[PDB]
Structures are given as structure tokens and as C-alpha cells.
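What follows is a deposited structure in which one can find NVL-655.
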Amino acid sequence: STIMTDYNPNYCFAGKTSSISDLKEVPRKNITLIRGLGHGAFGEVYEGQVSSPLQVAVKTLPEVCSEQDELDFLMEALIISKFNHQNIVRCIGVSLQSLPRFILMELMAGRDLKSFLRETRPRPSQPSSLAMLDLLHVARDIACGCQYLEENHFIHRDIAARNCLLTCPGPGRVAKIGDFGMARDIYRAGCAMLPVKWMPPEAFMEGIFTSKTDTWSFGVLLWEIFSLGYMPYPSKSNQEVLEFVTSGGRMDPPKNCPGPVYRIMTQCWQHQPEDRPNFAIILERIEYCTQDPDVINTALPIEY
Ligand SMILES: CCn1nc(Cl)c2c1-c1cnc(N)c(c1)O[C@H](C)c1cc(F)ccc1-c1nn(C)cc1C2
């Protein structure tokens, strides 16, 4: 591990330092790959087992990779390993002393939130598959994770449905923040890869990131949730969104979205960061919506 060894990056979370030394190295002989889950931008993801063996998701580092790719992978390992919260995916450990290198994560049987929403959309095949309360529970779960990050001074920078996972498809599902790749890239120090549709004006104009960055992104996630997994700003390109948002344009409510839920989105999208709610206030507003019969009795649209 010459690149990881020679540099040995520090990682600082909640004012505690950690290094490669602190990662739980799992012996490679204890790790079995079961199936491919596809690939991200870089590296494959597998279902695997560690040892009633632990069910894991295995993120792999390609053996053909840059010095920068190696440190990026190490940083991702340190970031996820240092979190302790019910709404952030657990890291079981790593296997960095064998090739390809592995990060071992909690297997989230519900898969990514974006896929979950698109595939669990109410249909004639399943009329009451999902209700307004299920969506408010997903929103609460991710807001709880976001509140944990906020109170530990960690800025996620890409709160989006694509970066969230579900413990299971059925009732009792818990949503968690599952990917920290954007946070990893900045810690390490083009525009067509920036998640501009999730970014407030000060982020894409000035490169200014605060916890009010995540508040804005959470508003967009709420839209993704209540739309049942539509792409934000339907039919707009990245530059069209940049111009629309920087000129005060905001998304319309999703189909059948209750007013109280839409109002949480519109507060998340205040132009000035100081006018946006912190995650404690977002959680309170989500909790009030879950109490309101006129919210939770609202029918979701049935896709034909
Ligand atoms: C039931 C397995 N499964 N199936 C699907 Cl689809 C997915 C998962 C799965 C389950 N758990 C975990 N931890 C997991 C994946 O982690 C990865 C790194 C991840 C993390 C994320 F925040 C978002 C997406 C993915 C992901 N990437 N790819 C290629 C697929 C998936 C989803």
C-alpha cells in the first residue's frame, strides 16, 4: 500500500484524528463475493459475506488506478468508519492489504432510494404499495442523518436520492445516507459532474459550503421523494437550472404534494442561507406533517 503508506493522510471528524491504522482490517480469507450489483463511477460493487455470516456490500478499488484514486478510496474508508448514527450506513471494515482493495458496508436490502421510489410507485398491480406516511418516514430518516452531520460540523455536499439506501423494501424500512464521495473529493482538494440541480446559489457561484448547503440539497431530495423518483427540474439542463435558480426560479410541487410538505421545500430553497431552516427545524416540520390527517390521507398518484 505504498501510496496510502507514504502519504498516510490524517482524517479529522468531530475534532478526532484517525488514520489508515484505525480502520478494521478484515482478513481477506473471511470475505466471499456473492454477486455483482453493477458499478458506480469508479470500481465495482458486490453483495458479499464476512465470517450466520455478516451480509455486506463490497465496494472495490480497480487495480488499474491512479495515486489519487488510492487516496480517494482511503479517505472514503476513514469518513464512513468514523460516523456512528442509525441513519448513516455502517462500515463493517476494509480489506486494504489485498488486491483489489475492499470497503465493507452494511448490505441495504431495500437498495438505493431513487430505484426504490421508481419501482415501488403505486400502480394497478399494487394500489397501496406506498402512502404519504412512508414518504414522510424516509424524509425524517434522512433529515435525522443530516442533523447528526450538522451537529458534528460535517457538510455532505450531495444530499440526493441516488446517495440514500433503504434497509428493506417493505414496512419497517429505514432510510440512510449511503455515499460520501463528494465530501471525500473536497477533503482531498469539472462542472459537468457537479450535482448543480442539488446546489444552492452560493455553492455553484462562490464555492461556499456550510450546513445550509445541505438544507438546500435536502429540499431537492424532498422533491425527489414526493415526486416518487423524478429527476429534479424536469426538461432543464445544468446551465438552465443554474440560470433559473440564480434568478429566483423554484420547482413546482410534485403531483398531489400536500401544501405543508411543499412549504418545507420552499423554506429549504430560500436564496439567503440564513433564511433556510437548520435540520432541527426541518425535523420538527416533518414531524408536524406526519401528525396532520390532511397530509397523510392524501392519495399518491397511481402510475398507469
Ligand atoms: C441490495 C444490494 N444493492 N442493490 C442495489 Cl441496486 C444497491 C445495493 C446496495 C446495498 N447496500 C449498499 N451498502 C450498497 C448498495 O452500497 C453502494 C456503494 C451504494 C451506495 C449508495 F449510497 C447508493 C447506491 C449504491 C449502489 N451502487 N450500486 C452499483 C448499486 C447500489 C444500490
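Along the sequence shown, the residues carry numbers beginning at 1. Worth knowing before you read on, the calculation uses all heavy atoms, side chains too, and leaves out hydrogens, waters and symmetry mates. Atoms within each ligand, like the ligands themselves, are counted from 1 in listed order.
Within the model, the positions assigned to NVL-655, copies included, correspond to ligand 1. In this structure the chain with most contacts to NVL-655 is the one UniProt names ALK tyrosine kinase receptor. Heavy-atom contacts of NVL-655 within 4.0 Å involve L37, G38, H39, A57, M105, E106, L107, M108, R111, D112, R162, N163, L165, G178, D179.
The largest share of chain A residues contacting NVL-655 lies in UniProt domain Protein kinase. Taking a cut-off of under 4.0 Å to the non-hydrogen atoms of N163, the atoms of NVL-655 that pass are 22 (F). Ranking the protein heavy atoms by distance from atom 14 (C) of NVL-655 puts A57 CB, 3.7 Å first. UniProt's ATP-binding annotation for chain A and the heavy-atom shell under 4.0 Å around NVL-655 share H39, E106, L107, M108, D179.
Considering only non-hydrogen protein atoms, atom 22 (F) of NVL-655 sits nearest to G178 C, 3.0 Å. The distance from NVL-655 to the heavy atoms of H39 drops below 4.0 Å at these ligand atoms: 29 (C). The nearest heavy-atom contact from the protein to atom 17 (C) of NVL-655 is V45 CG1, 4.2 Å. Near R162, meaning under 4.0 Å from one of its heavy atoms, NVL-655 places the atoms 23 (C), 24 (C). Of the protein's non-hydrogen atoms, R111 CD, 3.7 Å is the one closest to atom 6 (Cl) of NVL-655. The protein does not reach atom 26 (C) of NVL-655 closely, with no heavy atom under 4.0 angstrom from it. Of all atoms in NVL-655, numbered sequentially from 1 with element shown, those under 4.0 Å from a heavy atom of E106 are 11 (N), 12 (C), 13 (N). Looking at atom 8 (C) of NVL-655, its nearest protein heavy atom turns out to be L37 CD1, 3.9 Å. Of all protein heavy atoms, the one lying nearest to atom 31 (C) of NVL-655 is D112 OD1, 4.8 Å. In terms of N/O distances under 3.5 Å, NVL-655 is not approached by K59.
Closest to atom 19 (C) of NVL-655, if we only count protein heavy atoms, is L165 CD2, 4.2 Å. Checking only distances, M108 does come within under 3.5 Å of NVL-655, N or O to N or O.
Using UniProt's active-site annotation for chain A, the residue nearest to NVL-655 and its heavy-atom distance to 1 Å are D158, 9 Å.
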Between NVL-655 and the protein, find all N/O pairs closer than 3.5 Å and give the distance for each.
unit_1: NVL-655; atom_1: 11 (N); unit_2: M108; atom_2: N; d: 3.0
unit_1: NVL-655; atom_1: 13 (N); unit_2: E106; atom_2: O; d: 2.9

